[PDB]
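Structure (with ibuprofen).
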Amino acid sequence: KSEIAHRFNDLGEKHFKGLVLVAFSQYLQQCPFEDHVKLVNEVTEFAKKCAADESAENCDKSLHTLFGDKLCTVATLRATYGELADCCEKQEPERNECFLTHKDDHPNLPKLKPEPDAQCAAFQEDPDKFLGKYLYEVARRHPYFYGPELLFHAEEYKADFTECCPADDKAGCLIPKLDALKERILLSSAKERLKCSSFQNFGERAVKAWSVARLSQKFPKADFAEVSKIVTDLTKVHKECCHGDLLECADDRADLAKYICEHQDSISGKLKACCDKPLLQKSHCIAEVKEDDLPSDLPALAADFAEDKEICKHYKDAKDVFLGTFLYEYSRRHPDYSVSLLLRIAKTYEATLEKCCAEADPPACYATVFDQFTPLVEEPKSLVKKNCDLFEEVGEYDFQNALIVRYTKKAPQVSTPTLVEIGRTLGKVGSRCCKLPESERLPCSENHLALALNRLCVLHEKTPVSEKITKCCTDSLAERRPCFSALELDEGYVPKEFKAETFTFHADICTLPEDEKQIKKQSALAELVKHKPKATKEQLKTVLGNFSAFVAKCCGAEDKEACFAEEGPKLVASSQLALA
Ligand SMILES: CC(C)Cc1ccc([C@H](C)C(=O)O)cc1
Ligand SMILES: CC(C)Cc1ccc([C@H](C)C(=O)O)cc1
C-alpha cells in the first residue's frame with residue numbers, strides 16, 4: 001500500500017533518517033543544518049504515522065512526491081534557491097528532474113578542518129547531532145555521493161572519535177584517521193560520480209557494459225548468467241541512487257548483498273570475509289572486494305569468437321548477448337587490463353563483426369579479430385610505464401607539476417583552481433598506482449584517470465570553456481582517456497595578458513602548511529603556462545624552481561616582507577625572459 005511505511009519498515013529508524021538527511025543535504029546544499037534536521041524529523045514522523053495506518057490521508061503518495069513536497073516547504077526558497085523555486089511549480093517526475101539538474105558539483109564550501117577537541121566536545125554533548133552534521137557536511141559537498149556508503153563512512157567517523165576522544169593525545173591519533181577518511185570520501189565520491197555521469201551522458205547500456213567488464217574481473221569463477229544477474233541488479237541500485245531515490249537504493253542494495261552472500265560459493269572465494277559482517281560493512285566490503293583467482297578451466301576463446309562459422313548469425317540474432325558473453329569472457333581473464341581497455345577491445349570486436357559480416361567470406365575476415373587488440377593494449381602500457389618512470393624519478397610534487405603543465409597546455413581556458421586540482425589528483429594516481437606490482441599498474445592507473453577526467457568533465461559541464469574538452473567528454477566514455485592523451489597545445493589560444501600581481505609573492509605564504517604552499521606555487525605555474533604557452537616543461541621546471549628557492553629564502557628571513565618586496569619583482573621580470 002504505502003511506499004514510505006514500506007521503506008521505513010525495511011530500513012529502520014536510524015538508517016531511514018540517515019538517508020533522508022543525505023537526500024535533503026544533497027538536494028539543497030546551502031540550507032542550515034537545523035533546517036534539514038527538522039525536515040527529516042517531520043518526514044520521519046509521517047512515516048511512523050503511515051507504518052501504523054497505511055490507509056491514512058496521503059500515505060499512498062510516492063516517495064518523490066513526499067520529499068519534493070517537503071523540500072518545497074523550505075524557508076526562503078526564492079531568495080536562497082531562485083532556480084529551485086521554479087522546480088516547485090512542476091509535478092513529479094518533472095519536478096525531480098529539475099532538482100537534479102540544479103545540483104551543485106562545485107559549491108566550494110569551507111574545507112573541513114578537524115578541530116579535535118572542539119568536536120570531541122560536541123560529540124560527547126550529543127553523538128547523534130554530531131554524526132548527522134557530518135552526513136550533512138559531506139552530502140552537500142558531494143551531492144551525487146553513494147548514499148548507503150556515506151552511512152557506512154559516518155560509522156568509521158564515529159569509531160574515530162570513539163577511539164580517540166578519551167585518549168590523552170587527541171590530535172595525534174585523530175588527525176591522521178580523519179585525513180585518511182577524507183582521502184576515502186574523495187575517492188568514493190569520484191567512483192560514484194563517474195557512475196552517475198555515465199547514466200546521464202551515455203545511458204544504462206554503457207553502465208552495464210562497464211559493470212560486466214569490472215565484475216567479470218572481480219569474479220572470474222562466476223558464470224555468465226550470474227555476472228548478468230548481479231550487474232542487472234547493481235545497475236538498478238546505482239540508477240536509483242543517481243536519481244536521488246536513496247531509500248529505494250538502500251533496500252535494493254541490501255537485497256543484492258543478501259543475494260551475493262547466499263551465492264558466494266558460485267561467485268568468489270573472496271566473499272567469505274565480507275559475508276561474516278554486519279549489513280553496511282558487508283555492502284562496503286562486497287563493493288571493494290579484491291579480484292578472485294583465475295579458474296583453471298577458463299575456456300580457449302578462438303573457437304567461439306574467432307573460428308566458428310556461425311558467428312554472424314549469432315551476432316545478428318542476439319547482439320548485446322553475444323557481445324556481453326565476449327566481454328565477460330575477455331574480462332574474466334584480464335584483471336591485468338583497465339575496464340576502459342576491455343570496453344575498447346569489445347568495441348573493436350563489435351566493429352570487426354559489423355565489417356566482416358557484411359562481406360563475401362566473413363569467416364576469412366574475422367579469423368584474425370584477436371590480433372586487432374594488440375595496438376589497443378600497447379598504447380596504455382607505454383603511458384603507464386613512461387609516466388611511472390617519470391614519477392619514480394621526480395616524486396609527487398614534480399610529477400603533479402608536470403601534469404599541470406600538460407593540462408594547461410591542452411586546455412588553457414580552464415580556471416587555474418581547476419587545472420591545479422586536476423593536475424594534483426592526477427599525480428596522486430602516480431603515488432597510488434606506480435608502486436604496485438607491475439601487472440596491476442595499468443588497471444589502477446586507467447581506472448583512476450577515468451575518475452579525474454570525469455571530475456574535469458563534470459566541472460566543465462557547469463562552466464564550459466573549451467571545445468577540445470567538450471568533444472573528449474562527450475564523444476565516448478571508453479575513448480575519453482585516449483582522447484585527452486591526444487590533445488596537444490591548443491594553438492588558437494591567445495596568451496593570457498601578463499598581470500604581475502599573479503606571480504608576486506608575500507610573507508603570508510610562509511605560515512601555510514606544505515600542502516597549501518604547493519598549491520600557491522602550482523597555481524603560479526598554471527598562470528606561467530597561460531601567459532607563455534609555448535614554453536617547454538623543462539623551461540618551466542627551472543622557472544618554478546627559481547620561484548621555490550626565493551619563497552624558501554624569504555620565508556627564513558629576518559624581515560620576510562622586505563625580502564619578498566626587494567627580490568620578487570626582479571624575479572618576476574627575469575622569469576618572463578626564461579619562457580621565450
Ligand atoms: C548488456 C551489455 C553488456 C551489452 C554490451 C556489450 C558490449 C558493449 C560494448 C561497449 C560495445 O559497445 O560494443 C556494450 C554493451
Ligand atoms: C600513469 C598515470 C598516473 C600518469 C598519467 C597522468 C595523466 C595522463 C593523461 C591521461 C595524459 O597523459 O594526458 C596519463 C598518465
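Nothing fancy with the numbering, it's 1 onward along the sequence. The way this entry was determined, per its header, is X-ray crystallography, 2.5 Å. Read the numbers this way: they start at 1 and go in the same order the structure lists the ligands and their atoms.
- One finds ibuprofen in this model at ligands 1 and 2.
- The main partner of ibuprofen (ligand 2) in this structure, judged by heavy-atom pairs under 4.5 Å and named as in the PDB entry, is Serum albumin.
- Defined by non-hydrogen atoms within 4.0 Å, the binding site of ibuprofen (ligand 2) is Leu383, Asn387, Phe399, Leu403, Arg406, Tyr407, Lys410, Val429, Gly430, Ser445, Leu449, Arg481, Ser485.
- The PDB entry identifies the source organism of chain A as Equus caballus.
- Protein heavy atom in closest approach to atom 12 (O) of ibuprofen (ligand 2): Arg406 NH1, 3.1 Å.
- For ibuprofen (ligand 2), the atoms lying closer than 4.0 Å to a non-hydrogen atom of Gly430 are 3 (C).
- Near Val429, with a cut-off below 4.0 Å to any heavy atom, the atoms of ibuprofen (ligand 2) are 3 (C).
- The protein non-hydrogen atom at the shortest distance from atom 14 (C) of ibuprofen (ligand 2) is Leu449 CD1, 3.7 Å.
- In terms of protein heavy-atom proximity, atom 11 (C) of ibuprofen (ligand 2) is closest to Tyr407 OH, 3.5 Å.
- Within ibuprofen (ligand 2), the atoms closer than 4.0 Å to a non-hydrogen atom of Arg481 are 10 (C), numbered from 1 in the order shown.
- In the vicinity of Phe399, heavy-atom distances shorter than 4.0 Å reach the ibuprofen (ligand 2) atoms 4 (C).
- With ligand atoms numbered from 1 in the order given, ibuprofen (ligand 2) contributes 13 (O) to contacts under 4.0 Å with heavy atoms of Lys410.
- Set against the non-hydrogen atoms of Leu383, the atoms of ibuprofen (ligand 2) under 4.0 Å away are 12 (O), 14 (C).
- Here the heavy atom of the protein found nearest to atom 7 (C) of ibuprofen (ligand 2) is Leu403 CD2, 3.9 Å.
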